[PDB]
Visitor: 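Shown below is the structure under consideration.
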Amino acid sequence: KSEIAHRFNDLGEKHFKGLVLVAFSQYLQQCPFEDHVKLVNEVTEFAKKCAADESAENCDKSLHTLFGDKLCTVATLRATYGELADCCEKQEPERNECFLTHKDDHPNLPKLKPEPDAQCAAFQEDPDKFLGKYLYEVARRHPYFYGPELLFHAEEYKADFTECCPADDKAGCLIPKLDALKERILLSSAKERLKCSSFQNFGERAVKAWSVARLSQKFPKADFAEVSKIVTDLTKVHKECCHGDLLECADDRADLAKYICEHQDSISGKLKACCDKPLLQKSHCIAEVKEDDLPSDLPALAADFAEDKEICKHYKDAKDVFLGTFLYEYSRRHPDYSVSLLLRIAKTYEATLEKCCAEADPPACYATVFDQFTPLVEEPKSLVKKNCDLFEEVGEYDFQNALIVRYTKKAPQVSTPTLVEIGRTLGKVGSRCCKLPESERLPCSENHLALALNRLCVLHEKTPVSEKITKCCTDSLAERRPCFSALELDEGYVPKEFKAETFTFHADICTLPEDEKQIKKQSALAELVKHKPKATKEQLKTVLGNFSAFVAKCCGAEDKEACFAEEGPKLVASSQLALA
Ligand SMILES: O=C(O)Cc1ccccc1Nc1c(Cl)cccc1Cl
Ligand SMILES: COc1ccc2cc([C@H](C)C(=O)O)ccc2c1
């Protein structure tokens, strides 16, 4: 009857306001903060009004109608948001869909540097404004961030400024925390963007399948029934959030978290610490909970899925339940597999039964079906061992460079910053995963990879440069990682013409902190590969190392610029002979 009243009542004012700010910040990334505060308070006041009389004029309008009307009042409409002023001409649900379509994955706003004195001051002087501003900035930059979860991260950014601001050295307490949080923010944005990307490109079925797999791994004690129910609910939550209905999403998420904690005895024995928490902390804990111990009573799958004579019938009767079942069972006995691998396996099963069940004698045909799985498992296992050996041996930086090269050879049309960012992200998978026990590295690796390759793909949607990437991004959610692995030097490349200034470093680099130095040299590394695509990886390691030494020494010098000026051109000219 009054959606706005109903969400204001279930969520409470704090989480209601927060979520409406987040939603606004994502729909209008370019709109200044103060403009959004007033719109939030404005809509929020209306909610209150409606909550006390749901018959009041306009209280029965859809959320969209109310929210889109609010956004379409924001000043400097056409100048600041060109393409979004056209959306305000529309009725809902066209209008909502045009907003949604014009969200910007790489708005490329200033990097968020902590100002610890000036922010503690703003924290103590007005914490609501201060926390609000954090939601705004993160939302702004990650327009598909998982709404309820951002409020959770806003609670940790509060806990942080709370403990460090009263302290002696605010900047020493606060900076490593705010760095850890940014890392968690980025990972979380990447997981949610993979969810939204899967809806957009593959549909709701592909999200269900993914979620059956992962929840079955996580909750192996649970019966198919119960995973199905959680998955149906979880898929609706994320569909909503992804489509921007953040208030609905949060409300539904809290009901799901209630449910799971109502039923943990029949879901998992790890939900116990999670269930003794406030709403946001609990939902978060459930969402990241460790995998439960395997049960002693796991069935043998062979009889039911490869030996049974009734398999084609069972399968023509309800494919999706038969397949969902195989996926649930295979998944829960395999936490040591990646989600994507589990889904390639299911897709091979399904394929084997469609081929075999139309054949002359199907059971002889599907008898060996589990053996089709074996090379699918060997492949990413080998990859992971091979990349972790490399990592263990050369370290993060060089492993990142190995990858910058590998990827620049595959898609040398990608801008340098993208290639650098993706090789760096990929190399950090190295860091996180290679150190885990031997049976956790394949899932760690391939699950985090999926996150990074989706980032790449999302960027490429905005700024398309390469048919090879378009193909790999669209052909199969489960096949992405193998599709990217199989890519080799684009022979279609005409080498990029040499511009000396691109390889030419100056004293400006010596100021930069360590990460920012690497980004520069890694940027030159990408550029080296674009001019000389056939250069071997060892030739580029030596040329890069000679650029490192060169930079280390000239930065170490009494006259930095005369050092760069004298020695730089020699190194630019000679290092082109050392490549191809
Ligand atoms: O690139 C690889 O796959 C591994 C490899 C093997 C031998 C020598 C160098 C590299 N990788 C690599 C590259 Cl391509 C550039 C800079 C530094 C390093 Cl360690
Ligand atoms: C364990 O650590 C890694 C890190 C990066 C990787 C990148 C790739 C890409 C997809 C590639 O094209 O080979 C594969 C495996 C990887 C394992």
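Residue numbering for chain A follows the PDB entry; the residues present correspond to positions 4-583, in that order. Reckoned from all heavy atoms, side chains included, excluding hydrogens, waters and symmetry mates. Order of appearance sets the numbers: ligands from 1, and atoms from 1 within every ligand.
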Visitor: What is the PDB name of the drug at ligand 1?
Guide: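 The drug is diclofenac.
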Visitor: Report the drug at ligand 2; options are rimantadine, MDMA, proflavine, loreclezole, naproxen.
Guide: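 Of those, naproxen.
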Visitor: Help me with this one: what macromolecule has the most contacts with diclofenac, named as in the PDB entry?
Guide: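 The chief partner is Serum albumin.
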Visitor: State the binding site of diclofenac (non-hydrogen atoms, cut-off 4.0 Å).
Guide: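 With heavy atoms under 4.0 Å, it is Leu393, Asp401, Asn404, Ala405, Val408, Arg409, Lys540, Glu541, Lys544.
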Visitor: Using a cut-off of 4.0 Å, list the other ligands and ions near diclofenac.
Guide: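 Within the cut-off sits nothing.
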Visitor: Tell me the protein heavy atom at minimum distance from atom 8 (C) of diclofenac, and give that distance in Å.
Guide: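 Answer, as residue, atom name and distance: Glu541 OE1, 3.7 Å.
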Visitor: List diclofenac atoms under 4.0 Å from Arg409, heavy atoms only on the residue side.
Guide: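 Per the distance check, 3 (O).
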Visitor: Among all protein heavy atoms, pick out the one at the shortest distance from atom 11 (N) of diclofenac; state its residue, atom name and that distance to 0.1 Å.
Guide: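 Scanning the protein heavy atoms, the shortest distance from atom 11 (N) of diclofenac goes to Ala405 CB, 3.5 Å.
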Visitor: What protein heavy atom lies closest to atom 1 (O) of diclofenac? Include the residue and the distance to one decimal.
Guide: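 Protein heavy atom at minimum distance: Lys540 CD, 3.3 Å.
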Visitor: To the nearest 0.1 Å, how far is atom 19 (Cl) of diclofenac from its closest protein heavy atom, and which atom is that?
Guide: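 Sorting protein heavy atoms by distance from atom 19 (Cl) of diclofenac puts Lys544 NZ, 3.2 Å first.
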Visitor: Which diclofenac atoms are under 4.0 Å away from a heavy-atom of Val408?
Guide: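 Answer for diclofenac: 14 (Cl).
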Visitor: Enumerate the atoms of diclofenac whose separation from the nearest heavy atom of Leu393 is less than 4.0 angstrom.
Guide: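 Answer, ordered by atom number: 4 (C).
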Visitor: Just which atoms of diclofenac are under 4.0 Å from any heavy atom in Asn404?
Guide: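 Every atom of diclofenac under 4.0 Å from some heavy atom of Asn404: 16 (C).
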